[PDB]
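Structure with sarecycline present.
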Amino acid sequence: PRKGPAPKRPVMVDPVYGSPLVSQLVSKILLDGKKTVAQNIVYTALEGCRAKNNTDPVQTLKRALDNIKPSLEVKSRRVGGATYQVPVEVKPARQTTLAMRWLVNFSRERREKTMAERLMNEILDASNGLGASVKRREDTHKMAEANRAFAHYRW
Amino acid sequence: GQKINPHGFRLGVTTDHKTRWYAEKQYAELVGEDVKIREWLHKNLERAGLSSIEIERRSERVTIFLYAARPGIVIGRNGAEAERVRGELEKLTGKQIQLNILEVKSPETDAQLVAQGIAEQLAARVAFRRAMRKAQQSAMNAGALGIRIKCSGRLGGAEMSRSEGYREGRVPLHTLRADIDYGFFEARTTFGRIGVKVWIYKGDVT
RNA sequence: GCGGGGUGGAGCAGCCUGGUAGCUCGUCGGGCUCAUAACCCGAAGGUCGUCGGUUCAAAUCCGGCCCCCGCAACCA
RNA sequence: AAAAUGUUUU
RNA sequence: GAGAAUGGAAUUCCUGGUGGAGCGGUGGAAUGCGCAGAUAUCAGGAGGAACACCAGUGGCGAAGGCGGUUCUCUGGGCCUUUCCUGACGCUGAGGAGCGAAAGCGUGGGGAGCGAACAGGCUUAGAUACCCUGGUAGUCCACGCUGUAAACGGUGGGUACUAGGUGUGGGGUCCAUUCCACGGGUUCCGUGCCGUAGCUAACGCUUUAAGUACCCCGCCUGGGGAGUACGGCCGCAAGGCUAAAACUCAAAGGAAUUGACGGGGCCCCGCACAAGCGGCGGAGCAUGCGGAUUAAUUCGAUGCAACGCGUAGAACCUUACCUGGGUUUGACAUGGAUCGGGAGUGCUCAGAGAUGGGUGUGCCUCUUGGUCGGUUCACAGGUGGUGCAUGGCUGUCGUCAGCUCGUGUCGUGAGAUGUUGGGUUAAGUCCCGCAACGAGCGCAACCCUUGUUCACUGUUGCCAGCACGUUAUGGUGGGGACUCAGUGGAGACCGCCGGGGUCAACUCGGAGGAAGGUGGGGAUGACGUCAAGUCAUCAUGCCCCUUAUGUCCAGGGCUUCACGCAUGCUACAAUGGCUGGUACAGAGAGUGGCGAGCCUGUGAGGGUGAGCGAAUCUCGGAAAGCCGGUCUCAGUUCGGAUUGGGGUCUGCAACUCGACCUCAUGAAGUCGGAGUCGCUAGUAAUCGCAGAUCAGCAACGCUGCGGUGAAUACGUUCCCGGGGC
RNA sequence: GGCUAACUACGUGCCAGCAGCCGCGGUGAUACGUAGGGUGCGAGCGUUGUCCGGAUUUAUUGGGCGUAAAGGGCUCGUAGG
Ligand SMILES: CON(C)Cc1ccc(O)c2c1C[C@H]1C[C@H]3[C@H](N(C)C)C(O)=C(C(N)=O)C(=O)[C@@]3(O)C(O)=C1C2=O
Ligand SMILES: [Mg+2]
Ligand SMILES: [Mg+2]
Ligand SMILES: [Mg+2]
Ligand SMILES: [Mg+2]
Ligand SMILES: [Mg+2]
Ligand SMILES: [Mg+2]
Ligand SMILES: [Mg+2]
Ligand SMILES: [Mg+2]
Ligand SMILES: [Mg+2]
Ligand SMILES: [Mg+2]
Ligand SMILES: [Mg+2]
Ligand SMILES: [Mg+2]
Ligand SMILES: [Mg+2]
Ligand SMILES: [Mg+2]
Ligand SMILES: [Mg+2]
Ligand SMILES: [Mg+2]
Ligand SMILES: [Mg+2]
Ligand SMILES: [Mg+2]
Ligand SMILES: [Mg+2]
Ligand SMILES: [Mg+2]
Ligand SMILES: [Mg+2]
Ligand SMILES: [Mg+2]
Ligand SMILES: [Mg+2]
Ligand SMILES: [Mg+2]
Ligand SMILES: [Mg+2]
Ligand SMILES: [Mg+2]
Ligand SMILES: [Mg+2]
Ligand SMILES: [Mg+2]
Ligand SMILES: [Mg+2]
Ligand SMILES: [Mg+2]
Ligand SMILES: [Mg+2]
Ligand SMILES: [Mg+2]
Ligand SMILES: [Mg+2]
Ligand SMILES: [Mg+2]
Ligand SMILES: [Mg+2]
Ligand SMILES: [Mg+2]
Ligand SMILES: [Mg+2]
Ligand SMILES: [Mg+2]
Ligand SMILES: [Mg+2]
Ligand SMILES: [Mg+2]
């Protein structure tokens, strides 16, 4: 807004796994205002993760988030009579938000039956380095590199 | 066009209701008789000049306070007119009416009578500017802290309608603790009717 | 006489040969606008001048006819 | 970056 | 100023070397050029034109104008004490000459630039802007033309009338020098500020647009028109001189205040952006346009009409249509006049209105209440005009503004206050200030919510005490807790620290339930839109009066090739079905809310307590959790449509009600261009209650709580607005 | 209607018409038409034409030319002043 940066609500931690990441994940799933449904989905996905690999589900979620985190992304610019795609570096909070949003959206887009282990499959694939989320991260980075010539328009 | 009634705005806060009775199975019919009483009194006692009609009820007995500038018309000769109006009131309602008529200490300060007089002058075809200035000057001679008069309509018998107004002093319409008396009347002329609104800032109340 | 042309509302493609009738504009319905024009998104629109023949099948092939063009209609 | 127009009430 | 020679850089072209894929150009591109070697790069050469820096705040010229250097020729200006002539001065019609650039003639030259032109782009078109090319021309010589916003839009000469302060030129004086730095002073320029004065104002003001005198040019409303005719000039283009008819009642100058700007600076709002969920597609509900109809009553029409007047159209409502009745009328008020019943029960005819029967028939009193006719007055109108109005409302807009008194400035409209700096959500304050003040707006006072205290204790509550049918605060009882509802307390940048010239404010911290306005509502300034409403009411005028009044039955307002708008249910697995099991708030109720039991598959029916309600009832909250099941299927998704059987309300559910049940099982696979809402207990979703209401087309509206997010770097862009 | 002394009703409804200029008439017309009333004049009263005035709007008395119409593009110079 014009007035200034609005305050941010503090992020709570998940009672079970003790990480703000899982709370952010459930709040991102969180369709229709059904917190209990969303975190049932999230807990089921994390338990499926620890079932298929011995490593900790919170650690595998973290690894997936780092594999989906974008470093820079392009935004539209109205310089002159044509629009430009100016690449801009992404702050850690913004990139965590982008990673979570992409993870959730592509989990919803996956072909498997149930959301819980659609999200589980997507998390495992991202942690390994595969999947639609990682593909989108690579594509956005590729397009930022293609339009890298406009790094001097940053303000 | 977009201003609230001052009396309704301050109702319950500073000013009080004109009717004081309680009934929960007859409420509508008591409202109807009250409407009949007020319409009858207004239609048949224009000459006296009615500031307010205040209605109370105890048990099938109605009490009417008539705040009038000149209760000479209401009382007639030795209370004959008072008796006849009371009798018409029993005829209209069917209940025991106890009617008492009260003065207004400063008719030049009560807004309703001020609108009464301004509308009467307009009907008698007095220049509206002169009438408004006279009412304003009289109000401030009495000692009101603020006057505001607005006459809207075919002022001076013209074709287009105007909204001419006068004011000086202070009339804080937005202040609830401000004691603002509001009056309105309609001058019935050969050219429709003129709406005269008067706000009078009596002072500040708790 | 010789040669060409006639296809949605208009102007133009589809004709060696048969089977799938296209582009532009306009018409109509919806956006954009205060409103119109412009622009944006969707749709309808010609059984092919007419008669007859060929052929399983004709806008297409063949003939007659109607309309529009061009050319020719010359030598004393 | 170019991006037009605004009949006749009484 | 004229002539001649001549200097260097840069562009272009040429030749050569090198080197290789683009170059160029724009808002973006393309035309164009380039492997036949461009662009680039280096060397050499040719040619034309203009002269960076010096260089402006400056110099010169009668004006137009004048910038490389050198030489030749030449014009004018300025100063000076002596010197000379002795009014020889000034201006100047006609006339003559000079006169930017473009243009014309003959010849020359031609690098760059560049009308015309060609092409590319943009565009609805683009005979343009922009791009690539490019001829006259630009250059030279000699002529011609003779016009410019040729402007200081200000003719020349002269004298006088405060200053202040830059700068160009010539003298002269002074001190230290025995230069020059410096100061003065004088004469002539050239700017700026500014007094008197002048001007309609803007402004001018010793360089006058001041005060005066001399001479010249010129003006007499705007167009027609600097045009026609004639004449002169010219090679031509054209120039000069210069009307009239006709037509308009203005044309115009400066300035003021507004609005607007594809003007600036500074700001703000879910205005973008960042996000989440939608609408536009499907079915249905609802409003409207259109069409239709005997009627589809009327109003609303960009935002600010379209789930709007309607918080309830089967009759009624109802204003519309067909038809049937009625005429002082369906209803008022007042005079008379004949009266005693009025008013009604049962019946008859009728679709009903209504009409005919039959029963019943005033209270006072000798003159009232009540009705009757005949009239008489009169009523009646949702008939017209919202552009005759009042009232009420929308709206810009919760936007931060809009004005006044006095003073002052200006001839005046008008200005100042109300500009400026800082700040604020705020014309909120602070600082300065020809302003000093005040008013309506902002804020606060009000309601609600968040903490807490006192008081009261039922119909509310149950910590300690005594029983209760096992059981229910059921019981005696209790003021503890909760709550109910009255009255208080509490927040004020008040405290601490920093910033802030200080000052307003601002940042941080403590305390605290709450901190910088804590959240929300009520509240809508001066005015705008001839905004809406004559249909809520009221009303000016006009219109109807055996009809535009009024009564009634039936019909219509519910039509349907279509279009728009607001919603609802969806398209499924974060889901459907099924069993179990938790947690609300706010409300309503006597023709009402109805428990319990019985009956039915169910809507419901039959009985039927209780409660005018902190008591009784509506009552079940739903989402959620837990178990089972379905397994991605146009489905065990979706529930449209259609067939059957019903229930209830109502005089009456055909047109045209809701609901139950059985069967049927449509489109719909997440929706084109476009578009909407929202910044936190919000969006999203989940149920509940109320108004109107016999019933209900309610999925609407107004509220209520449950669950409960993501995101806001930021102001560049879109929309609206605010100050200057 | 104002200049300009003297106003109302009825009829009409941008029609009929009025006007010297400004303008009037679109349903309340002091501006049209009529009537009552009024005003100015009066054996006259209006209209038209023409002239002067107002017009300092050709300014000798008595105007102007920065931006309102108006300084010649500039100078030289003849008559003249
Ligand atoms: C037609 O008669 N003459 C010619 C003028 C006129 C005369 C009397 C009236 O009473 C009205 C009008 C014009 C209309 C125009 C209406 C229109 N509207 C209906 C959409 C409109 O475009 C707006 C608006 N958007 O603002 C309006 O102003 C409006 O509503 C309005 O006020 C009107 C009137 O009532
Ligand atoms: Mg021959
Ligand atoms: Mg020469
Ligand atoms: Mg320079
Ligand atoms: Mg200069
Ligand atoms: Mg001598
Ligand atoms: Mg000459
Ligand atoms: Mg030239
Ligand atoms: Mg030439
Ligand atoms: Mg030549
Ligand atoms: Mg060009
Ligand atoms: Mg010049
Ligand atoms: Mg001139
Ligand atoms: Mg001269
Ligand atoms: Mg002079
Ligand atoms: Mg000087
Ligand atoms: Mg002058
Ligand atoms: Mg000429
Ligand atoms: Mg001007
Ligand atoms: Mg957005
Ligand atoms: Mg739809
Ligand atoms: Mg309608
Ligand atoms: Mg109407
Ligand atoms: Mg209006
Ligand atoms: Mg209307
Ligand atoms: Mg307030
Ligand atoms: Mg209107
Ligand atoms: Mg009416
Ligand atoms: Mg309807
Ligand atoms: Mg009650
Ligand atoms: Mg907000
Ligand atoms: Mg007079
Ligand atoms: Mg009349
Ligand atoms: Mg004269
Ligand atoms: Mg004259
Ligand atoms: Mg003059
Ligand atoms: Mg002069
Ligand atoms: Mg001029
Ligand atoms: Mg001159
Ligand atoms: Mg000349
Ligand atoms: Mg002489």
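Just so it is clear: chains get the letters A, B, ... in the order the sequence lines come, proteins before strands, and each one is counted from 1. All heavy atoms count here, side chains included; hydrogens, waters and symmetry mates do not. Only part shown; contacts counted inside that part. Structure determined by electron microscopy, 2.8 Å. Each ligand, and each atom within it, is numbered from 1 in the order the structure gives.
Counting all copies, sarecycline can be found at ligand 1. Structurally, the greatest contact with sarecycline is made by what the PDB entry calls RNA (1537-MER). Other chains reaching under 4.0 Å from sarecycline with at least one heavy atom: D, E. Residues in other chains coming within 4.0 Å of sarecycline by heavy atoms are D:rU9, E:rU301, E:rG302, E:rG386, E:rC387, E:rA531, E:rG532. The entry gives the source of RNA chain E as Cutibacterium acnes. Lab note - RNA chain D listed in the entry as 32MF mRNA.
Among the ligands and ions shown, the ones besides sarecycline lying under 4.0 Å from that drug are ligand 27 (magnesium ion).
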